[PDB]
Every structure is written in C-alpha cells, then in structure tokens.
**Q** 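Consider the following structure, which includes voxilaprevir.
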Amino acid sequence: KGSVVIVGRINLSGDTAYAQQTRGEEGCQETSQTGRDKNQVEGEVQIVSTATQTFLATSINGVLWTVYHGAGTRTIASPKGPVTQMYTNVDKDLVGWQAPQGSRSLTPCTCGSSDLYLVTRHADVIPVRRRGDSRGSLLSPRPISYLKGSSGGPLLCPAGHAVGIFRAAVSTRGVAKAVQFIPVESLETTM
Ligand SMILES: CC[C@@H]1[C@@H]2CN(C(=O)[C@H](C(C)(C)C)NC(=O)O[C@@H]3C[C@H]3CCCCC(F)(F)c3nc4ccc(OC)cc4nc3O2)[C@@H]1C(=O)N[C@]1(C(=O)NS(=O)(=O)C2(C)CC2)C[C@H]1C(F)F
Ligand SMILES: [Zn+2]
C-alpha cells in the first residue's frame, strides 16, 4: 500500500479560515507510491489522502495525528521517503507520525472549557458544546455530508488549544447532531 500524502492544509493563521490545496490528484498518486514528498509543509491542520480516501491530520505536541480508519498502518510521505508511524492504537482509532518539518503544533487545552469549535476540511469552524469526555453537540445540525472527510481534524477551545480529534458523527436520518472525538488527554497519555 502507498503512503498517506499531504495534499493541502486549513489556513487558520489570519482572521479568515480557508482551505488551500498544495498537491493535485496525479501528484498525490505518484507521491503515495514513492513516499517522497518534497513540498513545504505549513500549519496545524493538514488535508491528507490515500489512493482511496481523503481526511485530515492535526499536529499536537510535535506529532501529526489522524484516525486509524483513514490511515491504517500506512507510512506518511516525506522529503526523505516514507516515515513509519510513531503511534498506532486501533482501540482509540488513532495513529500518529513525527510532525513534518515546517508544521506548527497546537497545544493541548488545559482550561476545561465546554465551548468548542470543530474545524472541517472545508475550513468551516463549527461551534460544538461539549457533552461528555468524548462527545459534543452541534449548535446547528447539518447534513452529514458536511462532516464527511473531516475525521482527524481538531476540536479547539476558545483559546485555540486542542481539545480532541474528530473521530465519528452521531447521525439521524442523515443529519449530524453530534460528534464523537478522541480527547486530547488520550493523546497525552499515548505520548
Ligand atoms: C469508517 C468511518 C468511521 C467508522 C464509522 N464512523 C462514523 O462516523 C459513524 C457513521 C458512519 C454512522 C457516521 N458514526 C458512528 O460510529 O457513531 C458512533 C457514535 C460513535 C461511536 C463509535 C465510534 C467508532 C469509531 F469512529 F471509533 C471507529 N473506529 C474505528 C477503529 C478502527 C477501524 O479500523 C478499520 C475503523 C473504525 N471506524 C470507526 O468509525 C467513522 C466516520 O465516518 N468518521 C468520520 C469521517 O469523516 N470519516 S472520513 O474522513 O470520511 C473517512 C471514512 C476517510 C476516513 C467523522 C465522520 C464524518 F463522516 F462525519
Ligand atoms: Zn483551552
């Protein structure tokens, strides 16, 4: 199987969040096969792809994290070739690689706030009220299509710290009313 490939990023650096593509589909396929990706990486949230799926990955504390259901055990492409996972936990649906040079990491949240914000692959910033250790409700439910492809993205607190990694959606008749996430403390213990 090929490597996971960074194909874009969610730009959160200014006042407006927006998605940027950094590699098209043909270059993605080539880079997945070689594992050699010379592109410059920037930012906290990467858009990533395999031959068959596309999703997100988020840097927290120097590790680029994503979901096992997207990445499996795959290496990630890098300027020096394929990079093997540093963390794999199928029970948490969690994998991680060393964060690429040029990326910026989020800091784990320590404030205990329940007012969260989910960042999607389309750079929507979606308010979510935390409802448990691993769940939160959308303030404005929407069709699940709007969340598809955003696993591996972050939930952030009002100060912009990482609270969790988006894992699964709670859906009724195709409407997403809530999200399920890997809490950052689960990452912190993994580290
Ligand atoms: C494969 C898709 C996974 C499945 C089902 N699933 C759901 O969300 C389902 C739907 C389908 C009914 C919505 N809800 C749901 O279980 O709710 C229940 C309350 C939750 C409690 C159970 C949590 C289960 C889990 F998550 F831990 C999970 N652990 C796994 C571990 C190992 C593994 O090894 C192969 C597969 C695993 N598979 C898992 O879950 C996930 C999903 O779709 N995630 C999102 C996404 O965007 N993926 S993605 O980027 O498009 C893609 C596919 C390209 C990568 C955010 C969703 C976006 F769509 F909203
Ligand atoms: Zn916080």
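In order, the residues displayed for chain A correspond to 989-1179 in the PDB entry numbering, which applies throughout. Just follow the structure's listing: the first ligand is 1, and inside any ligand the first atom is 1. These values consider heavy atoms only, across backbone and side chains, with no hydrogens, waters or symmetry-generated copies.
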**Q** I need every copy of voxilaprevir for my figure - which ligands or chains are they?
**A** ligand 1
**Q** Which chain forms the largest contact interface with voxilaprevir when counted as heavy-atom pairs under 4.5 Å, and how does the PDB entry name it?
**A** HCV NS3/4A protease
**Q** Name the option, out of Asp1081, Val1055, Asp1079, that contains the heavy atom nearest to atom 29 (N) of voxilaprevir.
**A** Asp1081
**Q** Considering the heavy atoms of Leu1135, write down every atom of voxilaprevir situated less than 4.0 Å from one of them.
**A** 47 (O), 58 (C), 60 (F)
**Q** Which of the atoms of voxilaprevir are close to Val1078, meaning less than 4.0 Å from one of its heavy atoms?
**A** 31 (C), 32 (C)
**Q** With a heavy-atom distance limit of 4.0 Å, tell me whether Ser1159 approaches voxilaprevir through its side chain, its backbone, both, or neither.
**A** neither
**Q** If you count the atoms of voxilaprevir from 1 in the order shown, which ones are under 4.0 Å from a heavy atom of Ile1132?
**A** 13 (C), 60 (F)
**Q** For atom 15 (C) of voxilaprevir, which of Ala1157, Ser1138, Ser1139 has the closest heavy atom?
**A** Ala1157
**Q** Test your reading of the structure: does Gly1137 have an N or O sitting under 3.5 Å from an N or O of voxilaprevir?
**A** yes
**Q** So is there a nitrogen or oxygen of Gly1058 less than 3.5 Å from a nitrogen or oxygen in voxilaprevir?
**A** no
**Q** Measure the distances from the heavy atoms of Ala1164 to every atom of voxilaprevir and state whether one is below 4.0 angstrom.
**A** no
**Q** Do any N/O atoms on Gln1041 end up under 3.5 angstrom from N/O atoms on voxilaprevir?
**A** no
**Q** Do any nitrogen or oxygen atoms of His1057 come within less than 3.5 Å of a nitrogen or oxygen of voxilaprevir?
**A** yes
**Q** Among the heavy atoms of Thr1042, does any lie under 4.0 Å from an atom of voxilaprevir?
**A** yes
**Q** Which residues from other chains neighbour voxilaprevir at a non-hydrogen distance under 4.0 Å?
**A** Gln1041, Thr1042, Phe1043, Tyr1056, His1057, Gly1058, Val1078, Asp1081, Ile1132, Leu1135, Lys1136, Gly1137, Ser1138, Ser1139, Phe1154, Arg1155, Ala1156, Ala1157, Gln1168
